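A look at one PDB structure holding indometacin.
Alphabetical chain letters, starting from A, follow the order of the sequence lines given. The numbering of chain A matches the PDB entry: 203-476, in order. All residue numbers given for chain B refer to the PDB entry; the residues shown span 207-240, 244-265, 275-461, 466-473 in order. Just so you know, ligand 1 is whichever comes first in the structure, and atom 1 is the first atom listed for that ligand.
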Amino acid sequence: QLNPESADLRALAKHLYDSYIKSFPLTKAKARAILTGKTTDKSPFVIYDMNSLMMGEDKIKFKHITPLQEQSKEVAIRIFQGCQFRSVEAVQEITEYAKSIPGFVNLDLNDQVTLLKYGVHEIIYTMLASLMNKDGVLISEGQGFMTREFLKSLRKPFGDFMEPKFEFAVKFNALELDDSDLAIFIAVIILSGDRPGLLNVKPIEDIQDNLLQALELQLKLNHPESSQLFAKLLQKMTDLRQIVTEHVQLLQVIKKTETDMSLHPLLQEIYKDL
Amino acid sequence: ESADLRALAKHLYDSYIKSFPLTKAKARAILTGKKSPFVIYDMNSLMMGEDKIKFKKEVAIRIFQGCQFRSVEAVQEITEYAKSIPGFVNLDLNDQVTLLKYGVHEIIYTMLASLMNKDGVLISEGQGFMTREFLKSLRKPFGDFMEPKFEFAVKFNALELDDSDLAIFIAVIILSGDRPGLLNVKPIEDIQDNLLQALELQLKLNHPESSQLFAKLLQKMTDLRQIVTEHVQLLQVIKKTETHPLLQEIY
Ligand SMILES: COc1ccc2c(c1)c(CC(=O)O)c(C)n2C(=O)c1ccc(Cl)cc1
Ligand SMILES: COc1ccc2c(c1)c(CC(=O)O)c(C)n2C(=O)c1ccc(Cl)cc1
Ligand SMILES: */C(=C(\CCC)[N+](=O)[O-])c1ccc(-c2cccc(C(=O)O)c2)o1
């Protein structure tokens, strides 16, 4: 028996899911379909070693997930550049989703920037989980699949970047959330009134309160038998924070060890004084 | 069902009152001024407060030290409270130890907030009040080993939780199924699930006004863990300070 209040919350949930589908080309629904089973070109090419990687570049439409060179001795840096490029693209998608969140574009512009600066990576890790399973991660719009073991065997620094994400993913995936759930959750993440440097926290907390309300209802309707999923999901927010912290440290190592590499401008600004 | 929830809530509250001498209610009365505590706002006041209060060279160090003594006491109070939580004592013994080992820091800061305001913190059963600025004026990195707690506290206290709310929240923190090294995660999550349901009802019945307070409180978990990790890093760096054997053992 939908009430007048719960009615508006359902409308918000629908709106967000709609914008999510429109803003993110590769949904968890598609990722799962690729990862589990089918025959259509949905089957990804699997990269689990140097030779398969070499053939991957030939098979997979890596149209652009590689800078201007390839014979860069180590594949470690080629993967680095590719992952970097995808993140920038993800920031772009998340930024577009954000503008669809009711009230977000009406907030002070400096705060819009602050909210995006701190929320984008937490969102990136949340959604990256949709593309992972305990054995690897979908890449190049789902065309390829790079194994966890392969990524772990990379040169000293690089071989330590992905594991923490996989550990978070296997755990987060156990909540069995679908795209309709995630659309609201990522909205909640963005409208965080506790981000450093925010000018007007009040209007932001008001928007988040309504999102939380929407998320609460969504999880109870969509996952009836999942006791306290709402609270379990909210607690996952601490895991995302840690991933970021740790990630930043690994980045500082790369910056010093690899003088010939550099973070993309967008990413640099995001991490500056974080 | 909702019957067991309020019963659980009452039980936890009663137990919390028995285990924790200085309650938030108590502390607030003393803080807002409603037998004024001795105030330590500088060196001489501290030195005076010592021969007056009798708490139980290098001030910055003696202070940080005092923090430790109280922390150790707090762990015992927390441990006793833990045993009153339904299901806790029935858990694998090693798991009980793991949950306490990783949960006392989070609980310590959570309760520390009850005794703080943006200007200072109550010490020794509330007999004293040490200034935020005095603490913030200590040499070395000591002049900021408490500041992060004050910052958390100011933010945490905005939620206006009371002892009955905190009792259930603390129990939730203790029953965290994600602590490393746990042997049987299931019972732990099942108890926490129960505690979470009790905390939600408690917040809905105790604060009809505050929308999504449950969600907001759970979100503060992020701030506690971040403050704890940061507290650990500070403790290490401190080592670079070269200024008992049984003492070190106790702490
Ligand atoms: C979304 O999760 C990740 C994981 C790793 C990342 C990034 C993002 C970004 C982009 C960003 O952080 O904005 C960079 C630059 N990463 C690397 O350093 C890296 C190094 C070696 C390998 Cl094999 C793979 C990736
Ligand atoms: C929850 O576990 C703790 C840990 C540390 C604590 C307190 C409580 C309290 C609250 C209380 O003791 O009632 C205070 C004031 N703490 C201090 O930081 C401190 C610092 C220097 C000295 Cl000399 C004495 C105490
Ligand atoms: C890093 C993340 C980025 C998520 C937005 N990810 O798991 O996709 C990452 C790991 C692996 C790659 C990657 C993508 C595309 C191509 C390659 C390659 O080595 O050719 C690697 O990005």
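Location of indometacin, all copies: ligands 1 and 2. The name UniProt gives to the main binding partner of indometacin (ligand 2) in this structure is Peroxisome proliferator-activated receptor gamma.
Counting only heavy atoms under 4.0 Å, the other chains near indometacin (ligand 2) are B. Distances shorter than 4.0 angstrom do not occur between any heavy atom of B/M329 and any atom of indometacin (ligand 2). When chain B is restricted to the residues UniProt lists for rosiglitazone binding, the ones with a heavy atom within 4.0 Å of indometacin (ligand 2) turn out to be B/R288, B/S289. In this PDB entry, the source organism listed for chain B is Homo sapiens. In the deposited model, no covalent bond links indometacin (ligand 2) to a chain.
When hydrogens are left out, the protein atom nearest atom 18 (O) of indometacin (ligand 2) is B/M364 CE, 3.2 Å; that is the closest non-hydrogen contact.
Counting per UniProt domain, chain B has the most residues touching indometacin (ligand 2) in NR LBD. Contacts of B/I325 with indometacin (ligand 2), taken as heavy-atom pairs under 4.0 Å, are absent altogether. Between B/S289 and indometacin (ligand 2), no N or O atom pair is found at a separation short of 3.5 Å. For indometacin (ligand 2), the heavy-atom contacts closer than 4.0 Å come from B/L228, B/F264, B/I281, B/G284, B/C285, B/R288, B/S289, B/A292, B/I326, B/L330, B/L333, B/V339, B/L340, B/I341, B/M364.
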Distance dump, indometacin (ligand 2) polar atoms to protein, N/O, under 3.5 Å:
{"from": "indometacin (ligand 2)", "atom 1": "12 (O)", "to": "B/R288", "atom 2": "NE", "distance (Å)": "3.0"}

